[PDB]
Engineer: 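I'm sharing a structure that contains dihydrotestosterone.
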2 protein chains.
Amino acid sequence: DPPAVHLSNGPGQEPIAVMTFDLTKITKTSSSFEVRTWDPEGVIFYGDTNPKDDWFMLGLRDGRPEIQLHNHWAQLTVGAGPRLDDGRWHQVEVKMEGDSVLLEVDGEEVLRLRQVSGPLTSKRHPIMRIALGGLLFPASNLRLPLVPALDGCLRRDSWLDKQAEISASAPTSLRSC
Amino acid sequence: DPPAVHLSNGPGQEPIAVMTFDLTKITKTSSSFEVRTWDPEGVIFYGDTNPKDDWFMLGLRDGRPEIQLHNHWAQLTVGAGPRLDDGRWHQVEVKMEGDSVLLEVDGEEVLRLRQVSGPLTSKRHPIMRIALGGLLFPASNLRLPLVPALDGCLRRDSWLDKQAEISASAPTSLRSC
Ligand SMILES: C[C@]12CCC(=O)C[C@@H]1CC[C@@H]1[C@@H]2CC[C@]2(C)[C@@H](O)CC[C@@H]12
Ligand SMILES: C[C@]12CCC(=O)C[C@@H]1CC[C@@H]1[C@@H]2CC[C@]2(C)[C@@H](O)CC[C@@H]12
């Protein structure tokens, strides 16, 4: 695994890494990574501009991707795609195209959430945070709670536009797989 | 094709068949059929209790399933699953399990819409209409318009609970494939 990190360190409460982005600079509105796990439930990543009313989470529930999103346009809890909890490395891409959010798993589009978002460079609070392996609000506050810690590995990740990233923080040291 | 019917007769404005169901009798809250088409866009079926604010549509957009749903709990436009416009027969099942609506394509769950519905036998207007191959309101009134007529075939269909069906109507004669 090209430098692979564990998505949760121990209890799986908080994220392993939080990155902050300036939306006025953002061009690339997509993210991509490889994930490996035997765990059927947990958070893969979370993103927000506001943890009360403009947020997004991607995780697994019953082995399969689940997206939760709450913003001015849309509030939803959706599962889609094949199980990913077979301990093999899977390529995932989450992209915003027009007003849609698309999820691709192993080269195939498995979900398209249409009419869920107005442009990034036009939007309100112009800072976006991306949290890897945990949420930035309690799990009990999701639309549909899940147990946050995902026991899996993450590698070959790229988050939004690196030229728009303002800062990156880890709350502890990141362990390798 | 065990008695297969065309999903649109000519212009594709109106449905080929409309069935009406008594929700106080409903037990089976699922529907299933096989579909065949080369057409990448159109309506497969529509259902409602109220065409202003409690309705559902399943069709194809860009070859792939798309669900549109508008009710008291949820308003959404979602694409998911593989392309079905390869002129092969595909098995589709749409089921309500708890508060979710699940779509299965060729034996695989490809979409789970969670937290979208309160029970049927508990719900408001206790008549549900299911329209095959068209809508019961203009297409321009969908959340996201599509051209309604789907040029495909439908066979081996079963809609909700036949012991709860109150009446069935066709606006013209149904043609075979
Ligand atoms: C999925 C996106 C866009 C695609 C991506 O790379 C990740 C990122 C996660 C945060 C989401 C964002 C789309 C727009 C959302 C949903 C905002 O409304 C609030 C959080 C944002
Ligand atoms: C998908 C369901 C439930 C499953 C099925 O067999 C078809 C049917 C189509 C009408 C939908 C219904 C679920 C509940 C909905 C979405 C109601 O709120 C209004 C229309 C109903």
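Simply put, chain letters go A, B, ... down the sequence lines. The numbers used for chain A are those of the PDB entry, and the residues that appear cover 12-188, in sequence. Here chain B follows the PDB entry for its numbers: 12-188, in order, are the residues you see. Counting starts at 1 for both ligands and their atoms, following the listed order. Heads up, header says this was done by X-ray crystallography, 1.7 Å.
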Engineer: Could you tell me the main partner of dihydrotestosterone (ligand 1) here, using whatever name UniProt has for it?
Structural biologist: Sex hormone-binding globulin
Engineer: With a 4.0 Å cut-off on heavy-atom distances, which other chains neighbour dihydrotestosterone (ligand 1)?
Structural biologist: A
Engineer: So is A:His81 touching dihydrotestosterone (ligand 1) or not, going by heavy atoms under 4.0 Å?
Structural biologist: no
Engineer: Which organism does the PDB entry associate with chain A as its source?
Structural biologist: Homo sapiens
Engineer: Quick test: of every protein heavy atom, which one is nearest to atom 13 (C) of dihydrotestosterone (ligand 1), and how far off is it to 0.1 Å?
Structural biologist: A:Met107 CG, 3.9 Å
Engineer: Of all the non-hydrogen atoms in the protein, which one sits nearest to atom 21 (C) of dihydrotestosterone (ligand 1), and at what distance?
Structural biologist: A:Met139 CE, 3.9 Å
Engineer: Help me out - I need the UniProt domain of chain A that holds most residues contacting dihydrotestosterone (ligand 1).
Structural biologist: Laminin G-like 1
Engineer: What is the closest protein heavy atom to atom 14 (C) of dihydrotestosterone (ligand 1), and at what distance does it sit?
Structural biologist: A:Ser128 OG, 4.0 Å
Engineer: For atom 20 (C) of dihydrotestosterone (ligand 1), what's the nearest protein heavy-atom neighbour? Residue, atom name and distance, please.
Structural biologist: A:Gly58 O, 3.6 Å
Engineer: Which residue and non-hydrogen atom of the protein lie closest to atom 18 (O) of dihydrotestosterone (ligand 1), and at what distance in Å?
Structural biologist: A:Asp65 OD1, 2.6 Å
Engineer: Do me a favour and list the nearest non-hydrogen protein atom to atom 7 (C) of dihydrotestosterone (ligand 1) with residue, atom name and distance?
Structural biologist: A:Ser42 OG, 3.9 Å
Engineer: Mind pulling out the residues near dihydrotestosterone (ligand 1)? I'm using a 4.0 Å cut-off on non-hydrogen atoms.
Structural biologist: A:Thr40, A:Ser41, A:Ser42, A:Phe56, A:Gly58, A:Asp65, A:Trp66, A:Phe67, A:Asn82, A:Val105, A:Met107, A:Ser128, A:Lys134, A:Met139, A:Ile141, A:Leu171
